[PDB]
Enquirer: 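This PDB file has paromomycin (bound form) in it.
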Amino acid sequence: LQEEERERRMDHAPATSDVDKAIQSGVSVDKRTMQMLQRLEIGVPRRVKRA
Amino acid sequence: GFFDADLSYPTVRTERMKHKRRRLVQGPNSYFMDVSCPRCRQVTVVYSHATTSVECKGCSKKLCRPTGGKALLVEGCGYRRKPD
Amino acid sequence: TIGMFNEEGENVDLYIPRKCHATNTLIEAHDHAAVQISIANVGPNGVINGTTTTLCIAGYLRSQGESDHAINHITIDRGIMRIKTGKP
Amino acid sequence: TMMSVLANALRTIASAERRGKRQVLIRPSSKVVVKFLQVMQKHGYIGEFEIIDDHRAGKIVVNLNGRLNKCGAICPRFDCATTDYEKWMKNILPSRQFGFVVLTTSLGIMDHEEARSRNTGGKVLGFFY
Amino acid sequence: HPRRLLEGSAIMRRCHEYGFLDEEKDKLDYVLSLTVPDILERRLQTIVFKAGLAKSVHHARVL
Amino acid sequence: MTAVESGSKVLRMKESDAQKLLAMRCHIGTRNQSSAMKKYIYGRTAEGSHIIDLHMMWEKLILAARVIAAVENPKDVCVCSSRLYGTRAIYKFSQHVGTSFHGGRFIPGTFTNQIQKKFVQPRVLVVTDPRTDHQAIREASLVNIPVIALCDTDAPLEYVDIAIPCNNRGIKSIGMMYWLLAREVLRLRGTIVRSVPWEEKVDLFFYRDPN
Amino acid sequence: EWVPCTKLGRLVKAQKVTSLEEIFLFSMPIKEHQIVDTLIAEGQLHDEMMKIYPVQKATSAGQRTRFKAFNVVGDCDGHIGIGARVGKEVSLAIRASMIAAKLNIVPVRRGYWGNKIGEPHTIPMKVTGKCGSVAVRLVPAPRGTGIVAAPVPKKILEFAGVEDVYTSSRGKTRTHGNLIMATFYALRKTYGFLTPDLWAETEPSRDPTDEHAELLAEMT
RNA sequence: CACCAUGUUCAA
RNA sequence: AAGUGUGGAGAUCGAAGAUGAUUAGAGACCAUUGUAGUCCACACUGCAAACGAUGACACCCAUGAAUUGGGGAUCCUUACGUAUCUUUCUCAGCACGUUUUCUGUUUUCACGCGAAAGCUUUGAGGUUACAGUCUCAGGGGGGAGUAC
RNA sequence: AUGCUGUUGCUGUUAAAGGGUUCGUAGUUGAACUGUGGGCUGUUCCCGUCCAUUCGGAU
Ligand SMILES: *O[C@H]1[C@H](O)[C@@H](N)[C@@H](O[C@H]2[C@H](O[C@@H]3O[C@H](CO)[C@@H](O[C@H]4O[C@@H](CN)[C@@H](O)[C@H](O)[C@H]4N)[C@H]3O)[C@@H](O)[C@H](N)C[C@@H]2N)O[C@@H]1CO
Ligand SMILES: [Mg+2]
Ligand SMILES: [Mg+2]
Ligand SMILES: [Mg+2]
């Protein structure tokens with residue numbers, strides 16, 4: 001019952017996801033990663049940086 | 001990944017690394033170059049691994065120096081590699 | 001038409017066994033690492049169909065570490081998994 | 001030093017086939033070792049193979065299809081009369097049903113089954129099954 | 001082959017002649033299936049018991 | 001496995017999908033490198049970390065999903081994690097997809113000791129790590145269970161059939177690979193549709209230190 | 001009664017898996033000896049004890065003694081199984097080897113020496129099997145040869161359905177623990193050798209636990 | 001780091 | 001290595017031997033010595049656990065740290081990544097870093113093998129599915145490496 | 001019986017056994033190549049022009 005209570009208190013998420021708050025500042029990839037993302041069939045994604 | 005090695009038609013990355021006799025067909029590493037003398041300026045053909053010390057036939061000077069591998073050309077000389 | 005016959009054309013042996021799709025190795029009855037993997041054939045809208053592509057791998061090939069290289073080589077041949085990106 | 005080039009080639013095929021490879025690189029090659037492989041193609045134990053030209057002895061890249069269990073070379077090349085085929089089948093072959101003993105005869109390099117039909121004898125080269 | 005047509009038709013002949021194989025068995029693979037009681041049934045001690053001329057098989061060997 | 005029989009582009013990675021992978025750092029490998037995962041590396045970055053090819057990540061991700069979606073009775077998939085960072089993600093993948101799940105010490109004999117009362121017989125094992133789940137994999141070698149694994153750059157790939165390359169180390173990186181696989185298996189089944197985004201937040205897949 | 005625990009024994013008890021070669025096809029471990037005597041008919045399955053010998057463990061204050069019993073099982077139509085268990089009483093280890101020999105049941109490929117005319121009289125190729133140093137080699141024999149073997153391999157080869165065979169044995173055959181299990185390893189290899197009959201491509205099937213997954217969930 | 005050698009014959 | 005011959009040398013350690021001591025005895029260990037020897041020259045010997053208790057020459061053979069010398073770069077993909085610090089003369093230098101590759105001495109690691117211990121591109125693997133070439137030795141323990 | 005004489009067919013790290021190392025004759029073994037021909041006739045997707053902007057669409 002303390003395990004059934006704290007399993008309900010833990011399964012709670014904010015309205016904005018931690019991934020949606022991560023894109024909204026920019027993902028800021030590395031040199032090698034950005035040099036890879038030119039090669040893809042989708043190109044370099046939007047909301048990106050090069051650091 | 002996702003491309004498998006074909007032993008008949010190996011990758012340029014795989015094949016450039018290999019020893020010259022460990023290639024699929026063995027071949028040279030060396031080449032010829034057209035060396036211009038530092039004074040005197042006349043062109044000479046110098047082998048890349050010239051263990052002898054080649055002389056300028058016009059200048060009378062020696063524009064190469066043997067090493068353990070590739071021979072070292074003198075300072076101030078111009079050279080471009082010849083094909084084949 | 002697989003397995004030995006009689007000269008009267010009746011299939012004499014019991015149990016024609018499976019063969020590895022990577023190494024063509026006949027899978028024995030005690031080879032308890034030998035697995036079948038069913039991959040869902042999927043349609044144009046990205047939802048699975050009622051048909052699956054099944055590929056079976058021998059037990060020694062999983063034992064060494066070389067099964068994952070073999071599942072790649074099969075699914076490129078079957079056309080299941082793409083070999084490279086398209087051009088940008 | 002390398003003594004028998006055919007015994008070298010069949011040993012590298014048999015070794016790479018028990019390892020389950022997809023291709024072998026055979027070095028050096030001969031006219032004998034390609035005539036041995038073309039016996040192994042006709043009864044479908046190997047796939048397509050390719051002879052690379054050096055101005056040396058060549059190299060052969062053989063595509064394996066999983067069907068070969070063991071190929072080997074009998075050294076020295078013992079002389080085999082026509083009455084001696086059933087003796088060589090019981091010694092080096094696993095069964096009378098499958099498996100071939102390759103011989104070099106006057107008519108060519110053939111397996112044991114063809115040479116029995118053409119009523120010829122030869123020196124034994126090797127086997128494949 | 002000459003040694004199988006001759007001399008393979010001799011061994012099938014003596015099986016049919018002495019009662020080792022009935023006349024349906026003609027393929028030569030039935031000689032490989034003969035047993036020791038298949039031969040012992042053809043002794044005169046056995047037929048004189050089987051034809052009915054004696055009460056027991058030890059009556060037949062006496063007579 | 002983003003190649004369908006007709007030839008559509010329905011399964012392929014999109015600029016929204018790959019933007020999530022870059023944000024959650026699930027393409028950064030560790031410093032070390034093994035032979036079997038060497039084909040999945042694109043290149044090495046400065047500070048010596050390995051970068052994983054996002055094509056081969058996505059092709060092995062969808063290939064593992066085309067295997068999980070082709071399982072009627074989804075309880076025959078068992079997904080398991082001995083490392084602590086996985087256990088919350090293992091629970092939420094099991095909730096949306098409907099698979100068995102196990103966390104913590106594996107308790108040997110779960111797959112082989114048949115008179116135990118914790119005896120299960122899955123058809124597909126999904127391990128979070130090939131290394132910390134060595135015991136789950138080694139019993140799958142005994143009772144004919146193929147293995148799906150989230151492999152890092154140095155992974156022992158004996159008995160692993162579909163090795164997914166990712167970053168299984170960090171808390172956000174793990175769970176993003178379970179969100180995206182749960183997001184995908186539900187698409188292949190037809191539960192959710194591919195047009196609208198899957199509303200369910202990734203945050204519940206993340207492990208959170210309850211003390 | 002017999003309540004099964006494994007999914008294979010649930011399907012054998014429900015007659016969903018009907019024959020024993022449906023288990024051999026998918027490389028499944030048996031794990032329950034009631035599977036075998038259900039699938040094989042009861043009168044067409046013979047067993048008898050190969051060897052019983054005592055093995056001792058030196059302890060403080062004397063020796064511990066347990067008897068190691070060998071059993072062989074199989075109808076004489078291509079199924080063979082050998083199991084070796086141990087026990088304090090000789091009656092327990094004989095009973096435990098019966099349980100063990102059915103779990104190790106395995107098929108025997110049989111073939112022809114010369115022409116093919118009926119049921120196979122012999123093994124289809126030369127095969128050896130090695131346990132310890134004792135390796136026995138089994139060679140195909142002609143149609144009316146018989147089993148030419150030592151009386152410990154000969155009793156195993158009778159239960160495996162092989163009617164005519166040549167046999168060699170290379171080293172320390174008076175150790176019957178390894179002589180028994182080397183005849184078993186050699187007959188087990190008869191479905192391991194890829195012959196040009198089996199070169200053809202066969203269409204894949206579905207596991208009995210794949211196909212009947214909806215029925216097995218109804219036992220829970 | 002003083003000295004500290006040995007226990008008849010078979011059998012259980 | 002010991003040993004031998006003829007010359008040198010002769011410091012130290014030191015078979016033999018001598019004294020102490022320990023011990024039931026001590027012909028031993030321990031302490032003090034001390035001859036031949038140790039060391040060199042020129043001859044002789046040819047006796048090792050002279051070992052990896054593993055004959056030589058080729059072939060194939062999975063993986064990850066290193067190390068020594070030389071060389072080179074900074075539906076099976078048409079190619080690509082470079083730092084550090086010493087520098088008025090055996091100095092167009094030296095060392096390092098990342099990566100190739102040849103040769104050598106190895107190490108924890110896939111098959112396979114072995115009675116096992118273990119071996120494993122450095123085979124003891126590629127072997128009853130037994131043939132690349134040559135060579136030497138063995139055939140229960142002794143007597144006996146003895147006698148002639 | 002004895003693959004305990006081994007050509008088939010034995011062993012040699014530890015069970016008996018690789019000889020201290022090189023050179024070396026008799027001996028045995030020894031790399032590739034000069035070629036086996038030809039003619040006729042039988043035998044639904046995806047790639048763009050209209051919508052939308054960290055996730056779509058008719059085509
Ligand atoms: O000849 C070499 C061979 O061509 C190559 N296969 C290589 O194998 C490895 C390589 O292993 C060695 O790692 C050593 C460094 O720790 C390196 O040695 C080298 O060191 C450099 C710096 N001193 C050189 O200057 C030096 O000349 C060179 N000996 C390598 O040899 C690894 O580095 C690779 N990561 C993987 C390769 N497979 O080894 C052969 C000689 O061992
Ligand atoms: Mg006394
Ligand atoms: Mg004292
Ligand atoms: Mg002194």
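Chain identifiers are assigned alphabetically (A, B, ...) following the order of the sequence lines, protein sequences preceding nucleic acid strands; residue numbering begins at 1 within each chain. Atoms within a ligand are numbered from 1 in the order they appear, just like the ligands themselves. Heavy-atom basis, side chains included; hydrogens, waters and symmetry copies ignored. Only a part of the entry is shown; contacts are counted within it.
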Enquirer: Where exactly can paromomycin (bound form) be seen in this structure?
Expert: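 In this structure, ligand 1.
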Enquirer: Please provide the name that the PDB entry uses for the chief contact partner of paromomycin (bound form).
Expert: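 The chief chain, as the PDB entry names it, is ribosomal RNA 18S.
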Enquirer: So, with a 4.0 Å heavy-atom cut-off, what else is touching paromomycin (bound form)? Just the chain letters, please.
Expert: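 Those with a heavy atom under 4.0 Å: I.
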Enquirer: Which residues define the site around paromomycin (bound form) at a heavy-atom cut-off of 4.0 Å?
Expert: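 Heavy-atom contacts: I:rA66, I:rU67, I:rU68, I:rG69, I:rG70, I:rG71, I:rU100, I:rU101, I:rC102, I:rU103, I:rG104.
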Enquirer: Check whether the model has a covalent bond from paromomycin (bound form) to a chain and give the residue and atom.
Expert: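 The entry shows a covalent bond to I:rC102 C5.
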Enquirer: Which other ions or ligands have atoms closer than 4.0 Å to any atom of paromomycin (bound form)?
Expert: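 That would be none.
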